[PDB]
Trainee: 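Got a PDB entry here containing laninamivir. Few questions.
By convention here, the chains are lettered A, B, ... following the listed order of sequence lines. Just so it is clear, chain A uses the PDB entry numbers, and the residues here are 83-470, in order. We're sticking with the PDB entry numbering for chain B, so the shown stretch reads 83-470, in order. Here the PDB entry sets the residue numbers for chain C, with the shown residues being 83-470 in order. Just so it is clear, chain D uses the PDB entry numbers, and the residues here are 83-470, in order. Side chains are part of it too, since the values below use all heavy atoms of this structure and drop only hydrogens, waters and symmetry mates. All ligand and atom numbering here is 1-based and tracks the order in the structure. Recorded method for this deposit: X-ray crystallography, 1.8 Å.
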Number of protein chains: 4
Amino acid sequence: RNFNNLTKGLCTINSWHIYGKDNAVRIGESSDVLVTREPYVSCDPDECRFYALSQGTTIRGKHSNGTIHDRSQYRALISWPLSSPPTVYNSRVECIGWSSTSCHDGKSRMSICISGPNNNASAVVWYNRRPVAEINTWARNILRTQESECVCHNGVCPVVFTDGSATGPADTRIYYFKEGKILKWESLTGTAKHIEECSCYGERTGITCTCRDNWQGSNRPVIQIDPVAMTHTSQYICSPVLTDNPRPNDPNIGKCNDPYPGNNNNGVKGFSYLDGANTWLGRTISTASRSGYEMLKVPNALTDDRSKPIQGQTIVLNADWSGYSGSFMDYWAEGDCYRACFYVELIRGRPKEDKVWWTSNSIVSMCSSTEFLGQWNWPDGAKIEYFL
Amino acid sequence: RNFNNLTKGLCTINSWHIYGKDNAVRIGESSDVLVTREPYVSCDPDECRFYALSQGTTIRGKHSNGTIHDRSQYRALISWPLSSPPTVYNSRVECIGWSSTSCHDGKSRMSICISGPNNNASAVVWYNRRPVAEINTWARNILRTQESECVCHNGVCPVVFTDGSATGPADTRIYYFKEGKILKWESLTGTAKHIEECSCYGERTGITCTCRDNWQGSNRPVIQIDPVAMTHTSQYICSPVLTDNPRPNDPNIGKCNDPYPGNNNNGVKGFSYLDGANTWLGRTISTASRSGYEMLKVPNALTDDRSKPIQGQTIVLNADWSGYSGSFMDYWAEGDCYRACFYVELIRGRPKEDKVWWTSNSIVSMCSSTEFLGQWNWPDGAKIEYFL
Amino acid sequence: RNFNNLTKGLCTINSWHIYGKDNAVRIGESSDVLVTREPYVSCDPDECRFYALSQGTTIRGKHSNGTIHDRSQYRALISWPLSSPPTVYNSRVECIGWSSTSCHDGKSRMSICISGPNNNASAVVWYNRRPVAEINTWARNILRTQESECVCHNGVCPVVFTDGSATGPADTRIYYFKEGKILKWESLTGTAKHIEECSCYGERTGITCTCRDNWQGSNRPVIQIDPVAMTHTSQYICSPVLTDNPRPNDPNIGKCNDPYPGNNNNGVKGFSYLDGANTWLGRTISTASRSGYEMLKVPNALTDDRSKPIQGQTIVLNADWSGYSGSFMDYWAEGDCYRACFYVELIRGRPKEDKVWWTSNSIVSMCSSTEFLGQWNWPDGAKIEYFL
Amino acid sequence: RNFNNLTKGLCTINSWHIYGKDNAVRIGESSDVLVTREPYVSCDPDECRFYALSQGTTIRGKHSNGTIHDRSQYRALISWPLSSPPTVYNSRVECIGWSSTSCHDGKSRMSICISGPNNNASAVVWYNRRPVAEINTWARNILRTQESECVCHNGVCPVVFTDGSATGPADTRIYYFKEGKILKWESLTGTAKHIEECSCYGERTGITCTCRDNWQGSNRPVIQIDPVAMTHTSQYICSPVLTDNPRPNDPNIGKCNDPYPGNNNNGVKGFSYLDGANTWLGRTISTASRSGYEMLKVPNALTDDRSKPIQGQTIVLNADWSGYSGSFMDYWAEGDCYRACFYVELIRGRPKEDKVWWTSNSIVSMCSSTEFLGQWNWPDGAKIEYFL
Ligand SMILES: *[C@@H]1O[C@H](CO)[C@@H](O[C@@H]2O[C@H](CO)[C@@H](O[C@@H]3O[C@H](CO[C@H]4O[C@H](CO[C@H]5O[C@H](CO)[C@@H](O)[C@H](O)[C@@H]5O)[C@@H](O)[C@H](O[C@H]5O[C@H](CO)[C@@H](O)[C@H](O)[C@@H]5O)[C@@H]4O)[C@@H](O)[C@H](O[C@H]4O[C@H](CO)[C@@H](O)[C@H](O)[C@@H]4O[C@H]4O[C@H](CO)[C@@H](O)[C@H](O)[C@@H]4O[C@H]4O[C@H](CO)[C@@H](O)[C@H](O)[C@@H]4O)[C@@H]3O)[C@H](O)[C@H]2NC(C)=O)[C@H](O)[C@H]1NC(C)=O
Ligand SMILES: *[C@@H]1O[C@H](CO)[C@@H](O[C@@H]2O[C@H](CO)[C@@H](O[C@@H]3O[C@H](CO[C@H]4O[C@H](CO[C@H]5O[C@H](CO)[C@@H](O)[C@H](O)[C@@H]5O)[C@@H](O)[C@H](O[C@H]5O[C@H](CO)[C@@H](O)[C@H](O)[C@@H]5O)[C@@H]4O)[C@@H](O)[C@H](O[C@H]4O[C@H](CO)[C@@H](O)[C@H](O)[C@@H]4O[C@H]4O[C@H](CO)[C@@H](O)[C@H](O)[C@@H]4O[C@H]4O[C@H](CO)[C@@H](O)[C@H](O)[C@@H]4O)[C@@H]3O)[C@H](O)[C@H]2NC(C)=O)[C@H](O)[C@H]1NC(C)=O
Ligand SMILES: *[C@@H]1O[C@H](CO)[C@@H](O[C@@H]2O[C@H](CO)[C@@H](O[C@@H]3O[C@H](CO[C@H]4O[C@H](CO[C@H]5O[C@H](CO)[C@@H](O)[C@H](O)[C@@H]5O)[C@@H](O)[C@H](O[C@H]5O[C@H](CO)[C@@H](O)[C@H](O)[C@@H]5O)[C@@H]4O)[C@@H](O)[C@H](O[C@H]4O[C@H](CO)[C@@H](O)[C@H](O)[C@@H]4O[C@H]4O[C@H](CO)[C@@H](O)[C@H](O)[C@@H]4O[C@H]4O[C@H](CO)[C@@H](O)[C@H](O)[C@@H]4O)[C@@H]3O)[C@H](O)[C@H]2NC(C)=O)[C@H](O)[C@H]1NC(C)=O
Ligand SMILES: *[C@@H]1O[C@H](CO)[C@@H](O[C@@H]2O[C@H](CO)[C@@H](O[C@@H]3O[C@H](CO[C@H]4O[C@H](CO[C@H]5O[C@H](CO)[C@@H](O)[C@H](O)[C@@H]5O)[C@@H](O)[C@H](O[C@H]5O[C@H](CO)[C@@H](O)[C@H](O)[C@@H]5O)[C@@H]4O)[C@@H](O)[C@H](O[C@H]4O[C@H](CO)[C@@H](O)[C@H](O)[C@@H]4O[C@H]4O[C@H](CO)[C@@H](O)[C@H](O)[C@@H]4O[C@H]4O[C@H](CO)[C@@H](O)[C@H](O)[C@@H]4O)[C@@H]3O)[C@H](O)[C@H]2NC(C)=O)[C@H](O)[C@H]1NC(C)=O
Ligand SMILES: CO[C@@H]([C@@H]1OC(C(=O)O)=C[C@H](NC(=N)N)[C@H]1NC(C)=O)[C@H](O)CO
Ligand SMILES: CO[C@@H]([C@@H]1OC(C(=O)O)=C[C@H](NC(=N)N)[C@H]1NC(C)=O)[C@H](O)CO
Ligand SMILES: CO[C@@H]([C@@H]1OC(C(=O)O)=C[C@H](NC(=N)N)[C@H]1NC(C)=O)[C@H](O)CO
Ligand SMILES: [Ca+2]
Ligand SMILES: [Ca+2]
Ligand SMILES: [Ca+2]
Ligand SMILES: [Ca+2]
């Protein structure tokens, strides 16, 4: 009935507890589970759901062959009940395309899907399950967006888009929507030099997005958005605890206003919670590939170029495949604070496991606890040999 | 709570954006997807859904053999959630039969299904999911109707029916229903010489239907209906941009009041939006077969027998199979105007692909944008070889 | 909110129109469709649904072997959406057992299921999805009930039960329930000599049940129930148009107060609408087996021992298998009268088709029209060879 | 809207009637049924549902291999509609983990799931489908809980947990939750010497839990909880009718305040209804293995160390496999009393049936009747050979 306002701070994060896990690849070995990738989680006022980009085929289906490909006409943003797998029979299509974001403003949900060829892509903005606005490519080079939830304040939902090179300067815009309509957009400002796939969360201070620099940087760029003034700034996480993948080894001095060098033209979507002494960063354990996942408590990581971990938690062992990760919170939960949450995409199949011809994933998700909880590890759990 | 009134004009159509796509044949290669044909889309005040005539078997099921056939006892009008495929487990049966139409009046939905042998068919009119009225065949020769949504104004929902020859003069009637009851019917008047499978939409001016002349014409007949007076007129689209299939090549002078000659005893269901300078016509790209699909902006196509395109958009490449197409709009969307939408049936299997023994389809659907959006193309996407 | 009252007469029946059909055996050849038998249809104030006794296995499942058997621990009353098939994923279990009835009183639904061994069976009465009352066997010989819907008036829902011999005198009781509680029961009175599987409907005059005499009669017994006084009478349909199966050929004089002789120890569940000159009887076409189905207009069939047909309609050809049939009506439909409806069970498999090891069925259902509609025929439609 | 209060006594139990049965293993031979174990039943004010711990694979899926294992990362508490089987498409995930309980307080449902390695497990407490509180292991040895429903009074829901040895003294705590928050916890007091897997029910006197002593006892420990004062006591069922499995033969004197000896380091979850002369105990028929199930009326079993049966009912024949059993009631049913109910887990597969590589179960459930109903027996019904 009313637009949600960001009126709370983050809860104190002392550990992470299991929130959701769908075991989609295990189950999909023998049931009609859709091939997906680029998953996320997003809450409505009365329900939280899993989201992902379908590939328009099941895993056991013959059309799973070739699903390493990123952008076909057979992709769509789907949602399904928390911790169920994405099945043909339980998945709700939000919009058609191969790059997405979605968020609820307290009244209704906005979902955005981009489709088209590389040089002529377009975004369609849906609100309350109807198409409301459209945005054409401005740089004619793979218009693309967050691949995780956006965040709203008093009806205003900012979204970060990029159009242009994946290996050099590109044209990033921040759009501000209300009820699906474009209030305003602005070109990226600040010191971030390349922006992709922002993972965002909101709290009383404003909206914070942790993104992927695909060009030169292995530190992560950050965009901080004021959804009331509809303005933003950008920089990088200052910490020498580097969180992109692949990436160099951790130095003792990070970079606040420029890419930390060593790995070019690659990256992975990731996230962080930047909150002074309550700061936690996510990253793959491997510096070379999308394997393992850990959380590290790094005080003042955003602003302190010498900051190091003082606590951590393993989420996925280095022996197990990970992938994309992103932030979300249940803005409609009871209490005095917003509980930080995240998901990790657990990619199976190609390119790392090429005895099968498909690429898909499952999801694991955690939220923060004020307790100091014991840790487990959370693999996808499927045996590739079963699919041969 | 209240009957919908047609109080708005069409939004300005400057391009078309992706609205829905179910990838039904791809998914049905390995899941329980019903064989269908003659699909459409129709909105309720709170949801839009896909519709089609099931064949009462799945694609992988052995009973898919022989589904090129049009009129069996195993067919039914089904509906299912937007962009999901029509599965055994998610499809809702609206009524039983092999020719249909359906529309919501703002309070409840009317669905009409025709069944029976060729010489003794009958229509059953359902309203709010209950049978309310029945109409017996009047010419004893395949009583048949729109195969896409009807349109309502202040509770009155006109529907076009034909009974009689597919290859000569037939008996077409326009029925006017309210809450499923027959208010009135009238015989076709005007200059259209053969009428089948009308695709309709409504706006403040009245209801406009673009139909199929199966006898002599390769231009499309148009019926214009006043749902208040409950009267109609008919003619053909005057434009030399011919939109039936198969069809002759485009001349420079069309025909307003008679069939444009060249192809007899054949046709395909199609649609148009006739709105002065905002006029757009749909057609297959091929003049010979149901392949490809394009939209063409043809100013005053209804009334100008010299009118030619000034803009266009490819929807499906000529290399890919298409099929039926029809109009629908979300009459319950926010805003100052009604956004034109359409679907294209993408037929797979027989007769064109006879290495399989079945005939089915998937759906792609677009709505108009006031932006000039880049275009993609939207194939069914299934590989026939996988079904062998 | 309020209990339904039977305040209307039957609509004039001039023909029958298609209402529902699930094609369950066709679809179940390749999808997870439950094996069933003894189906029926019953309406809530907001929805009508199919009902049947599951066998606790799918058709393609190996446990379908042996499903000719009537009474296992794996049976349950299930319901599912109108004209969908009964699938593992869409079927709602109403109660556990191998003989059932169910009806909505305007506020909530009562469902009754009998389970147990032959000598120790018991009925459990559910109301608003909770068990409320239980009834133990009184004759210790296969306690059994209607296998189609009951009917309610002002909260009172009468149900006919039989316990005792299938081949001689048995102990039949009429129970009167309200909100699942037993108000009263009475022993059968009148001239009916054996009662099984009553098919009932209600109108302003009271409740009329047409049953099966399994002992000596090939005419059908009738029980007429006053749900206000909670009393009943019984006799047989007087008409020489005999409607049990198997049965002798039609004579010119029927029997009002005794079994018409010729076939012993057998029968089939059936139904009729007894309404003076608006009387219609259902029967199998074959006199020997459960094949074919037809409706016959037989004026005053209940009371006139010379009555013959003056009109009819074929529903299922004699070449096709039929089975059980029963009555139901949508008591919550709009209008001045109740529209008579019925279903026919289309049995496939054993004993008639013994190349498969299972027994199941599909459903076809019709309702009456005041029009004189053309007739089709409605086979199950499955090819047995596909299951081999 | 209001918290449920325990204001009624138990209905008089004179026999047991069939309540639910899902036939999950039969159906799962050919449909997408999840492998489960540790099932139970629990009611909301408007619905009752089946619950269990999924293994994150279907039975026919290759990942069913190894599902005898108790604690993997692929387990979750799921719920699904009463008497349906737990399918991929109909199961709702309540939380992630390998030990659970769940209960509705009249306003919303609390669900608790424990996950983690043996030495670092943690409980997450969910309320109204959101995580609210977390509890870390206190003895670092397989933190574990009830595996059946908890019970609430005026918002307070007590839950019994154990952490520590399965073969010697352990650390049992009773937690008191309200809206998912921890009001209080206390260490176990009284004479019970080992506590696992409590089965609880509530009535006006308070909450009664019947548990499993896995250390030395083959009588069952009982915890009696006052949810208002938030205090408890414990002892054993005094009766010589012993109800653990495996167990010694029944003596003539039981033990009230110590384990009855004979079988060490083993047990099974079970239940009882302790209500003076209305007392009924459940147990496996076999003293050696989890086979058969019976109910026995044993007056004053809780307090009388000489008490013997005066009536009984067989639920599952000794020839058929059983397993876990537990209590639940529909606290929201109409009437003057609470109707006692229970479920029995019917385990199939390993270790007893090792020709298959999986372990799963189906469910049968009964509630009490004031009638003296005839008894049947209720096997799982699946043929193991079909899975080979
Ligand atoms: C039951 O569950 C519980 C809860 O989960 C388990 O307890 C958890 O155990 C884990 C594993 O040990 C802990 O995670 C690690 O945390 C440490 C940080 O804590 C340590 O350091 C703190 C800071 O110390 C500094 O300040 C203090 C101030 O006093 C000073 O004294 C000290 O000398 C130093 O100056 C200490 O405060 C802290 O002590 C506290 O906690 C102790 C328990 O942990 C306790 O005993 C003490 O009493 C006190 O209370 C503690 O010493 C993280 O550093 C560590 O993360 C590093 O290591 C992991 C591998 O294990 C690696 O994956 C990480 O990426 C990271 O190391 C990489 O990055 C570093 C930063 O750049 C770099 O320096 C490293 O060389 C390394 O870099 C290399 O690898 C990376 C990744 O591949 C690559 O990118 C680089 O390029 C390079 O190749 C862990 O996160 C939890 O904190 C702990 N939780 C709790 C609540 O205790 C418990 O074990 C379980 N029980 C059982 C029986 O299993
Ligand atoms: C990114 O995406 C964007 C957006 O989608 C892409 O841009 C789109 O590009 C497509 C493809 O080119 C365009 O579709 C075509 O549109 C033309 C109409 O526009 C042209 O003509 C207009 C009218 O010109 C007349 O009036 C002007 C007045 O000034 C006069 O000067 C002129 O000489 C003439 O008298 C022009 O106004 C218009 O110019 C404007 O737009 C230009 C860009 O398009 C721009 O550069 C200009 O500055 C200006 O703004 C333009 O010249 C349609 O005619 C055409 O449709 C025909 O051709 C296709 C094949 O491509 C065919 O399938 C169609 O059926 C049709 O041709 C058949 O029918 C004709 C009519 O009877 C007949 O004459 C033809 O011979 C042909 O008939 C044959 O085939 C059919 C079918 O099989 C058969 O039935 C017949 O029997 C026979 O065999 C296209 O629809 C879009 O309009 C355009 N959109 C936008 C917004 O720009 C962009 O390309 C993408 N970018 C990249 C890098 O990929
Ligand atoms: C398009 O669809 C429409 C609508 O469906 C189709 O029209 C329908 O056509 C069917 C098939 O013909 C009709 O069903 C039959 O109806 C007759 C009853 O109607 C006839 O008899 C009436 C009574 O006549 C008596 O009174 C009059 C008073 O004037 C008197 O004059 C007359 O001599 C006699 O005394 C007539 O009133 C009626 O005429 C009216 O209707 C005519 C059209 O039908 C029309 O032309 C007239 O102008 C007038 O308006 C008409 O003559 C039923 O008798 C018949 O049912 C019997 O036959 C079928 C086989 O076809 C059988 O299965 C039935 O069981 C039954 O016969 C068995 O039972 C009898 C009773 O005991 C017994 O006597 C028989 O020997 C037989 O018994 C044997 O078989 C059974 C079963 O196996 C076994 O149990 C026994 O033991 C024994 O072995 C049909 O139901 C529809 O009524 C008709 N509908 C309409 C609205 O017209 C149309 O055909 C379709 N169009 C096309 C092109 O396909
Ligand atoms: C249709 O359905 C109906 C309803 O279901 C069926 O009727 C049911 O039939 C069953 C099966 O017979 C009954 O269950 C049994 O109940 C008896 C208890 O009732 C008997 O005993 C009562 C107490 O007697 C004492 O007090 C009286 C006071 O007057 C005194 O006179 C008497 O001498 C004695 O001192 C009697 O009151 C009662 O009589 C009443 O009911 C009669 C009908 O049952 C009726 O005829 C009378 O007129 C009167 O009304 C009756 O005699 C339970 O004892 C029994 O349970 C034991 O046996 C089963 C095996 O059958 C076993 O599984 C149980 O575990 C248990 O036996 C074990 O435990 C004992 C206790 O420690 C031990 O002593 C045993 O040696 C044995 O222990 C061994 O095995 C266990 C398990 O493996 C192992 O753990 C041990 O270590 C050891 O190895 C049954 O539960 C129902 O009560 C009855 N229901 C009704 C309402 O009638 C009907 O049959 C069906 N019809 C048809 C045709 O099929
Ligand atoms: C082209 O690669 C971009 C995205 O790369 C990732 C990945 O796994 O690394 C998959 C995304 N796939 C989808 N969202 N479908 C790509 N993003 C797109 C739009 O292809 C990358 O960020 C460089 O610009
Ligand atoms: C035993 O046969 C009775 C019922 O027979 C019919 C049938 O196909 O003829 C199936 C029913 N099957 C089920 N309802 N499950 C039986 N009725 C029962 C209770 O077995 C018959 O009416 C004689 O008493
Ligand atoms: C370790 O065994 C415990 C539980 O044992 C049972 C069983 O079938 O006997 C399965 C449970 N499995 C699950 N709940 N998943 C176990 N409980 C646990 C936590 O493993 C036992 O009570 C001893 O402590
Ligand atoms: Ca990078
Ligand atoms: Ca034509
Ligand atoms: Ca008989
Ligand atoms: Ca024990």
Trainee: List all ligands or chains that belong to laninamivir.
Mentor: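 Counting all copies, it's at ligands 5, 6 and 7.
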Trainee: Which chain makes more heavy-atom contacts with laninamivir (ligand 5) than any other chain, name per the PDB entry?
Mentor: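 Main partner, per contacts: Neuraminidase.
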Trainee: Which other chain letters have a heavy atom less than 4.0 Å from laninamivir (ligand 5)?
Mentor: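 Non-hydrogen contacts: A.
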Trainee: May I ask you to identify the nearest protein heavy atom to atom 18 (C) of laninamivir (ligand 5), giving residue, atom name and distance to one decimal place in Å?
Mentor: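 Heavy-atom neighbour on the protein nearest atom 18 (C) of laninamivir (ligand 5): A:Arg153 NH1, 3.9 Å.
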Trainee: Does the protein put a heavy atom less than 4.0 Å from atom 3 (C) of laninamivir (ligand 5)?
Mentor: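 Flag for atom 3 (C) of laninamivir (ligand 5) set to false, no protein heavy atom closer than 4.0 Å.
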Trainee: Heavy atom to atom 21 (C) of laninamivir (ligand 5), shortest distance: which of A:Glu278, A:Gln228, A:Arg157 holds it?
Mentor: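 The option holding the nearest heavy atom is A:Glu278.
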Trainee: Answer with side chain, backbone, both or neither: which part of A:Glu229 has a heavy atom less than 4.0 angstrom from an atom of laninamivir (ligand 5)?
Mentor: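 Answer for A:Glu229: side chain.
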Trainee: Identify, by atom number and element, the atoms of laninamivir (ligand 5) in contact range of A:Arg372, meaning under 4.0 Å from any of its heavy atoms.
Mentor: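 What qualifies from laninamivir (ligand 5) is 7 (C), 8 (O), 9 (O).
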Trainee: Would you tell me which option among A:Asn347, A:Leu135, A:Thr441, A:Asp152 has the nearest heavy-atom contact to atom 11 (C) of laninamivir (ligand 5)?
Mentor: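 Heavy atom nearest to atom 11 (C) of laninamivir (ligand 5) belongs to A:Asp152.
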Trainee: For A:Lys351 and laninamivir (ligand 5), answer yes if some heavy atom of the residue is under 4.0 Å from a ligand atom, otherwise no.
Mentor: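 Contact absent.
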Trainee: Report, in ascending order of atom number, the atoms of laninamivir (ligand 5) lying under 4.0 Å from any heavy atom of A:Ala248.
Mentor: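 This gives 23 (C), 24 (O) as the contact atoms.
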Trainee: Among all protein heavy atoms, pick out the one at the shortest distance from atom 17 (N) of laninamivir (ligand 5); state its residue, atom name and that distance to 0.1 Å.
Mentor: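 Result: A:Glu279 OE2, 4.4 Å.
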Trainee: Tell me, which protein residue and heavy-atom name are nearest atom 7 (C) of laninamivir (ligand 5), and how many Å apart are they?
Mentor: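 Checked against all protein heavy atoms, atom 7 (C) of laninamivir (ligand 5) sits closest to A:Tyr406 OH, 3.1 Å.
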